[PDB]
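What follows is a short report on a single structure.
Below, read A as the first sequence line, B as the second, and so on, with proteins coming before strands; counting in each chain starts at 1. The figures here come from the full heavy-atom set of this structure, side chains too, leaving out hydrogens, waters and symmetry mates. Whatever order the structure lists them in is the order used to number ligands and atoms, beginning at 1. Per the header: X-ray crystallography, 2.7 Å.
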Amino acid sequence: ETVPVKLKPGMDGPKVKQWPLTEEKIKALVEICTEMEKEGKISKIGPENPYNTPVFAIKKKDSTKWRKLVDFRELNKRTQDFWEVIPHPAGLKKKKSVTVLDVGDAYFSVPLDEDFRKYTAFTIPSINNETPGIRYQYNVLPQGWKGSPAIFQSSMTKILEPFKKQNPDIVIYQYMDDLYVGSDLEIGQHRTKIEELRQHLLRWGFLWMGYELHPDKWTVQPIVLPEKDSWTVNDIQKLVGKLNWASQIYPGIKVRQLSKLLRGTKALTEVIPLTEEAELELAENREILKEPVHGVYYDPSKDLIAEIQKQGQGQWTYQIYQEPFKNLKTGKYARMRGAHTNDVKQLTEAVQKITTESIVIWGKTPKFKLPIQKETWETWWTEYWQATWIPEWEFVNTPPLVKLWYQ
Amino acid sequence: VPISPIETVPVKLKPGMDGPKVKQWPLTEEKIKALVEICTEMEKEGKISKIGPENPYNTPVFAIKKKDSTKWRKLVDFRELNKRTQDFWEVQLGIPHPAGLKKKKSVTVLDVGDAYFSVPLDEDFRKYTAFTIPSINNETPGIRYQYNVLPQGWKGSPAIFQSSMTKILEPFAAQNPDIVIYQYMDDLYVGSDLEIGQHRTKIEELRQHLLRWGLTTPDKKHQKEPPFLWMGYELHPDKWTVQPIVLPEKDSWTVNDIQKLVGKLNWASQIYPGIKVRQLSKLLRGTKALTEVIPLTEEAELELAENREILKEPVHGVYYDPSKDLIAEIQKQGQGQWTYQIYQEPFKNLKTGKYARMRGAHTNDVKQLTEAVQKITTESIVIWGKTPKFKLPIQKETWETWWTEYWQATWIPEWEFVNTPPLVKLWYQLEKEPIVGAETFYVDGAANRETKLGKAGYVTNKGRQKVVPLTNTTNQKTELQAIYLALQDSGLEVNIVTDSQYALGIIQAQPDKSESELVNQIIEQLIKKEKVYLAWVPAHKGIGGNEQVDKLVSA
Ligand SMILES: Cc1cc(/C=C/C#N)cc(C)c1Nc1ccnc(Nc2ccc(C#N)cc2)n1
Ligand SMILES: C=C(C)[C@H]1CCc2c(c(C)cc(O)c(=O)c2O)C1
Ligand SMILES: [Mn+2]
Ligand SMILES: [Mn+2]
């Protein structure tokens with residue numbers, strides 16, 4: 001049977017243009033859709049259906065099996081809002097380990113309400129516009145649709161009752177196509193319970209992949225002031241600048257003693273010995289920075305904003321917040337990936353990592369502000385994307401001064 | 001002999017709307033007899049059907065003489081029904097670009113101006129297509145008709161016809177992967193490479209395939225044969241171009257004339273290499289309104305004149321050979337203009353093109369080159385489904401220095417340096433640490449919001465000082481002026497300390513050309529220095545060099 005669904009009142013279906021696809025992606029999508037059509041998952045549609053949602057292809061990693069990904073951002077925003085009868089696992093973020101599981105295939109075993117199907121239309125375009133684009137619409141619950149985990153909930157709730165009752169300490173959370181499973185087990189039983197879980201699912205009617213995370217191992221990032229034996233006028237100028245900035249987050253910060261070191265027009269490279277009034281003030285200020293911020297709270301009706309700064313030689317810093325200067329999370333990615341060759345691949349990898357963390361902690365994705373030209377991002381993100389969801393984003397074109405102060 | 005019917009598409013009016021109820025216009029006795037004759041055969045052919053008085057919808061019908069012929073033609077004005085008809089999925093959004101097509105030995109053109117009326121219109125939607133032929137003298141109830149097939153002029157006819165035609169051709173194309181089929185309009189075009197011997201066979205098989213739907217296709221030699229005039233181009237069996245581009249010879253140019261010229265040069269730029277249009281589009285800075293008869297700067301005539309020497313003789317592009325690699329070459333022209341050519345074999349261009357920077361006051365060559373590359377990349381994906389290999393005028397070393405130090409993430413796909421001046425280069429590099437032994441200039445500006453008077457100056461560690469009185473100026477301006485003074489009065493190496501976020505935001509943006517001559521002067525100064533370290537400090541935090549110079553310019 002089919003639980004009904006409608007759009008938010010005011011609102012017609014999505015009419016989003018399909019963006020140019022490379023030849024490799026088109027062949028992959030043609031092959032995939034051909035077999036999904038055979039299987040009744042999707043059906044060809046006519047011109048009386050004016051809706052459209054973008055679609056592209058992504059090879060999950062270290063592999064050669066393409067996935068088809070539909071960008072339901074617009075439909076999601078546009079489809080009414082599906083309360084049931086979750087708010088959040090405040091302890092998923094606490095659990096030693098967490099394994100992420102692709103359970104999206106389950107969705108294709110529930111039919112979609114015939115009156116809503118038209119809204120899931122998508123086009124596989126042709127190179128150089130030479131033949132008409134192949135049009136299709138979903139007949140079953142589609143992956144990437146927010147209605148999808150919601151409607152299927154009931155069915156997933158009872159599909160997991162056995163495992164959940166026999167393992168009352170394991171935390172299982174579900175976001176879009178993804179099942180998040182967290183436990184303090186030692187990292188080898190943890191795997192047994194997982195590869196159990198899926199055998200317990202793959203009985204129950206590519207879920208073999210795993211992405212292990214360690215929330216207890218994340219990796220926050222306060223502000224730090226340098227510890228030096230000899231300070232030049234420039235070191236002190238940079239220090240006073242950083243402290244002036246931090247005083248916008250922490251009220252007790254004070255500079256005056258450090259500022260009064262730089263009395264006179266001195267050469268930037270001149271060494272300046274610190275007064276005891278200075279070295280006290282610097283000390284009290286270090287203390288204040290070890291305390292956490294004041295009045296910082298999450299307000300689940302508000303959007304999460306994520307900012308990212310390129311710190312060079314492969315490092316990237318970021319902050320998540322809802323209110324300016326009220327950081328809920330800050331971090332750094334002095335990882336490898338991506339370069340030393342490719343800036344954009346690194347940025348794409350960072351966005352995915354931050355999104356994953358945001359899902360685990362608050363159960364929703366943040367709106368990204370990206371240090372890159374819109375034209376450069378749009379032309380390349382899909383070539384490195386590997387997640388089944390897609391967050392929102394906007395572009396930053398003015399270099400932020402606070403760049404250094406977060407590294 | 002049985003024939004498969006053509007399934008109809010369910011059509012609806014937009015929600016909340018009802019059919020059209022437009023009044024029929026009064027016609028001349030002559031036009032009515034003509035319409036009656038015309039409608040009579042259409043009805044005999046099944047295209048339309050007489051309807052009762054129940055139907056309350058109406059659409060105006062007209063009669064237009066055909067280029068002064070002995071014949072008449074009927075025009076049903078569906079503008080009003082079109083506003084109330086649902087939206088459809090246009091699958092002829094874009095036309096394919098000539099540079100993307102494959103070369104075909106043989107290409108036949110089959111007409112289907114008849115198969116268009118074998119396409120039925122959804123039964124429940126027919127009532128909305130009602131129209132009325134007025135009666136002679138208005139003495140009898142006008143003849144009422146409604147359509148049974150896709151009406152010419154109705155919003156959905158194109159989409160429904162094209163999709164119906166595609167659905168029929170779908171199995172033929174698939175089964176015959178050695179031919180290409182394109183449904184532009186009412187004539188069907190089929191190309192191929194196989195010897196004309198068997199290419200004629202394929203055509204006969206297609207006509208046979210179309211007979212399954214009782215669509216006949218009319219067994220003559222269509223008037224259309226290579227070359228074809230299509231979408232502003234000339235398509236030939238092995239080559240393509242634009243059509244004829246002719247630049248008027250004029251003693252007077254008015255906003256329109258220049259807009260018309262820019263249009264031709266833009267359209268021509270896809271195959272004619274080198275085309276420039278900056279000095280022209282610059283003369284149309286921004287108004288709506290023809291005409292004005294604006295004059296041509298000594299650059300417009302020089303830049304345009306160079307155009308004529310490009311379009312002097314015909315230039316043709318080749319077609320795409322999938323088995324061969326695509327290569328894109330870019331050259332800087334200056335004034336923020338760039339030109340590129342895409343080819344697979346040396347000197348044999350598939351297509352060419354230009355790029356122009358967007359609105360902005362500060363920019364640099366590297367950023368412009370990058371934008372050009374992204375544009376070419378996108379266009380390439382659309383036309384060939386792949387990214388070309390790039391040949392660019394910039395040294396690998398320059399590019400590396402640039403992207404590793406730029407605050408934004410950036411990327412260019414697989415490319416190679418091509419040594420053809422003018423090369424793109426980095427004009428100056430700020431230093432990462434303060435310079436030892438170099439004089440430290442603490443700069444500042446200030447201006448009175450009201451009087452607009454300000455001061456710009458600096459003080460250094462060596463006691464050097466300066467404060468200059470300024471008129472007609474803003475805070476942001478004064479702060480840029482102070483930096484300029486420090487640059488002017490310092491040696492080849494220098495440390496500059498400012499408190500202006502605005503000035504830093506501009507130099508951190510790393511421009512090599514600007515719309516503000518102030519910034520241009522500064523740029524010119526940076527270029528002449530050996531080493532420059534720009535430092536920033538917060539205003540009013542009790543700092544030397546800064547607290548002093550601030551007092552000197554505040555007044
Ligand atoms: C887009 C298109 C327009 C017309 C025609 C439209 C009109 N009028 C005719 C055809 C057959 C096609 N389609 C394709 C697809 C792939 N390669 C080609 N090659 C190709 C086309 C025409 C000539 C010529 N002469 C040579 C090669 N054409
Ligand atoms: C509140 C103040 C002390 C005044 C006076 C100087 C002054 C002020 C401001 C806003 C900005 C500057 O960049 C600056 O250099 C100033 O000297 C404001
Ligand atoms: Mn200032
Ligand atoms: Mn000042």
Report task. Give the name, from netoglitazone, artesunate, rilpivirine, of the drug modelled at ligand 1. Result -> rilpivirine
Query raised in the report: Which chain accounts for the largest share of heavy-atom contacts with rilpivirine, under its name in the PDB entry?
Result: reverse transcriptase/ribonuclease H
**Report entry** Other chains closer than 4.0 Å to rilpivirine by heavy atom
**Finding:** B
Requested in this report: Name every other-chain residue that has a non-hydrogen atom under 4.0 Å from rilpivirine.
Outcome: B/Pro96, B/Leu101, B/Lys102, B/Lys104, B/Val180, B/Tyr182, B/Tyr189, B/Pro226, B/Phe228, B/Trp230, B/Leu235, B/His236, B/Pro237, B/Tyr319
Query raised in the report: What name does the entry use when describing chain A?
Result: reverse transcriptase/ribonuclease H
